[PDB]
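Entry with lopinavir: notes follow.
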There are 2 protein chains.
Amino acid sequence: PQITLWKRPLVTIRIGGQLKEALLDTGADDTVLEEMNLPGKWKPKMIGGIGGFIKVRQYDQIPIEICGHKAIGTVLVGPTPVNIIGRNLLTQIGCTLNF
Amino acid sequence: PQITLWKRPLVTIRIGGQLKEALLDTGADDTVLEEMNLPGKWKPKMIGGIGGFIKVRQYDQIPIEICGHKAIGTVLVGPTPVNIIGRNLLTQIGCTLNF
Ligand SMILES: Cc1cccc(C)c1OCC(=O)N[C@@H](Cc1ccccc1)[C@@H](O)C[C@H](Cc1ccccc1)NC(=O)[C@H](C(C)C)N1CCCNC1=O
């Protein structure tokens, strides 16, 4: 697909039975979703946004489907105002910026 | 150009004869640059994201050259952690996400 940037590039993502709306975000190093009880081990982490840092839980090797494209990798969970798909997963679905 | 996402999509911009490094950010509605002096009558503004809110100065109709592509639009100036080129200017230079 080609995705223009006239509005926020919001897409449907799927993880283990849950559907969520998430931002395709080239300015984010990693992927963060709010409110979800993922399975497995996790470790605490701090990530920086425009106003400062939030605390998140880092889950590794989590399968996620984004616009029908399968991926697997690190998913952070914490109090993000908007669900974000970051570069760690964007690369996995073959996403580039073009102009 | 095509820009991949294994690394941060940092590119050189030119504004008021100054060269700066800025992030091409599909997750940003607005363009926000680190503290600098720009001429013109700016309006005080607040923006909130991950980590909360910052105070910025909104300058309108500012020319900026992004990888040799000319844009003229709104630029926010304040204590952003990194120079950010948002969708308002990315659309002016014909930038899309593709996968
Ligand atoms: C940098 C990073 C590292 C690891 C993991 C993650 C998720 C990371 O990214 C976190 C992050 O906030 N990145 C931002 C840019 C960034 C990178 C590095 C440091 C600081 C910031 C940006 O791309 C996304 C973020 C999304 C957002 C969040 C809450 C509300 C609305 C939007 N967008 C915004 O904050 C924008 C700003 C930039 C104008 N924004 C806020 C006003 C309303 N609308 C809007 O679009």
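Proteins get letters first, then strands, A, B, ... in listed order; numbering begins at 1 in each. Numbering of ligands and ligand atoms starts at 1, following listing order. Method reported for this entry: X-ray crystallography, 2.0 Å.
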- Item | Top contact chain of lopinavir - most pairs under 4.5 Å, the PDB entry | Protease
- Message: Help me out: which other chains have any heavy atom nearer than 4.0 Å to lopinavir?
- Response: A, B
- Message: Looking only at protein heavy atoms, which one is nearest to atom 29 (C) of lopinavir, and what is the separation?
- Response: B/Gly49 CA, 3.6 Å
- Message: So if I count the atoms of lopinavir from 1 in the order they appear, which ones are less than 4.0 Å from some heavy atom of B/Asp25?
- Response: 14 (C), 15 (C), 22 (C), 23 (O)
- Message: Suppose we measure from atom 7 (C) of lopinavir to each protein heavy atom; which comes out shortest, and what is that distance?
- Response: A/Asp30 O, 3.4 Å
- Task: Evaluate the 4.0 Å heavy atom contact test for atom 12 (O) of lopinavir: does a protein atom fall under the cut-off?
- Result: yes
- Message: Any nitrogen or oxygen of A/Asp29 lying under 3.5 Å from a nitrogen or oxygen in lopinavir? Just yes or no.
- Response: no
- Query: Which of the atoms in lopinavir, numbered in the order shown and given with their element, are less than 4.0 Å from a heavy-atom of B/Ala28?
  - Reply: 38 (C), 46 (O)
- Query: Do any nitrogen or oxygen atoms of B/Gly27 lie less than 3.5 angstrom from nitrogen or oxygen atoms of lopinavir?
  - Reply: yes
- Item | Those atoms of lopinavir less than 4.0 Å from some heavy atom in A/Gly48 | 1 (C), 2 (C), 10 (C)
